[PDB]
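In this PDB entry you will find nintedanib.
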Amino acid sequence: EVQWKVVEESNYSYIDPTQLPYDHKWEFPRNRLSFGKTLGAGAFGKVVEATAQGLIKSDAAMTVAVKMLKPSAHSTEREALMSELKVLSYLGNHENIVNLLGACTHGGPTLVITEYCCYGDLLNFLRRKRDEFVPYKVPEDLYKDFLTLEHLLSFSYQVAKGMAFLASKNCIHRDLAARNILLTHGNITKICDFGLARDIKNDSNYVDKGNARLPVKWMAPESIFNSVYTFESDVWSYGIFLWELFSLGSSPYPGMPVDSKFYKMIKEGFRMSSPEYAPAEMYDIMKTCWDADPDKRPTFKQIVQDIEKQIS
Ligand SMILES: COC(=O)c1ccc2c(c1)NC(=O)/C2=C(\Nc1ccc(N(C)C(=O)CN2CCN(C)CC2)cc1)c1ccccc1
């Protein structure tokens, strides 16, 4: 919205990602990329499955995901893709994020080489295993490839470790949701920012507010109503993700259209109830994540230590 704002005294401010350095150690020869099918495409950017010759081991090739722009992209999009590469180069490597493997910044359009996660996004994975879920396995043949409570607990734990990594790098996600979590071999979940590769206009999970489209049902109140995005507001989005996880990919606040009454109810203390398969101690974490006071929400470092005792 382009309007007036009354302000009150309360810090952190975004950095201009174009000012971040790009380390050319990530430069990978473009001629060693063999492109496959497009995995997903936004309005201006797309992620393509590809084969990278000698990227990690000089002997053999490996499947990777290459993030690139469409022909319709303008100079601002090309700057944005370069800034996304500069952020990934800045953050460093962690197991629970979609990591940067290389980049092609020469001899053509910019190609960002990321890890390929064979299972896709966690949201579609959960909704696919809905009829194949049991809390724990009793004859094991009947639950061959079943999803269990052990898996969901590991997912909550890995996403929390990934977010804890981002917070330690002074990085705010601002769009934490199951659709932005990817699953790869060994049930490893990886956080990522789709950025230019998700078409926000065609996704009902992003609500048209003014001129912007925001993931309202995942956002903390101070984000929706005060435009305040912090480490603590990410924790709110993690609580909404937990509700997705233990409802097996159900849309949050199911059956509630986003309108003025919805915003009012959230401000007055309205919260979702416990998912059907959520353990009690995990739902406790949800309620703390959804505290209207950002000071009373747990940090991701605390969430990691909390879930760790549950795993053990
Ligand atoms: C910063 O990094 C990023 O921003 C980023 C963004 C997306 C991906 C990524 C990095 N890394 C991946 O791997 C991504 C996806 N990968 C994938 C894998 C498997 C599938 N599935 C299940 C298929 O069936 C498709 N596919 C399987 C393999 N055969 C050969 C071809 C058909 C679908 C998507 C994917 C992309 C679009 C939307 C959701 C996820």
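Following the PDB entry, chain A residues are numbered 554-563, 567-694, 756-929, in order. Every number for a ligand or one of its atoms is a count from 1 in the order of the listing. What you see below is based on every heavy atom in this structure, not just the backbone, and it leaves out hydrogens, waters and symmetry mates.
- Measured by close contacts, the chief partner of nintedanib (ligand 1) is listed under the PDB entry as Mast/stem cell growth factor receptor Kit.
- Among the ATP-binding residues UniProt records for chain A, the set within 4.0 Å of nintedanib (ligand 1) by heavy-atom distance is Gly596, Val603, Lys623, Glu671, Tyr672, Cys673, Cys674, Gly676, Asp677.
- The shortest heavy-atom distance from nintedanib (ligand 1) to a UniProt active-site residue of chain A, with that residue, is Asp792, 11 Å.
- Taking any N or O of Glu671, backbone or side chain, at least one lies under 3.5 Å from an N or O belonging to nintedanib (ligand 1).
- Nintedanib (ligand 1) has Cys674 within reach: a non-hydrogen atom of the residue lies less than 4.0 Å from it.
- There are UniProt Mg(2+)-binding residues of chain A with a non-hydrogen atom under 4.0 Å from nintedanib (ligand 1), namely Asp810.
- Residue-level proximity to nintedanib (ligand 1) for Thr801 is absent, since no heavy atom of it falls below 4.0 angstrom.
- For nintedanib (ligand 1), the main contacting UniProt domain of chain A is Protein kinase.
- Contacts with nintedanib (ligand 1) closer than 4.0 Å are made by side-chain heavy atoms of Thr670 only, the backbone lying farther away.
- By chain and number, the binding site of nintedanib (ligand 1) at a non-hydrogen cut-off of 4.0 Å is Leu595, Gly596, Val603, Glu605, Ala621, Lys623, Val654, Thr670, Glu671, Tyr672, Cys673, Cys674, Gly676, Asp677, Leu799, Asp810, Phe811.
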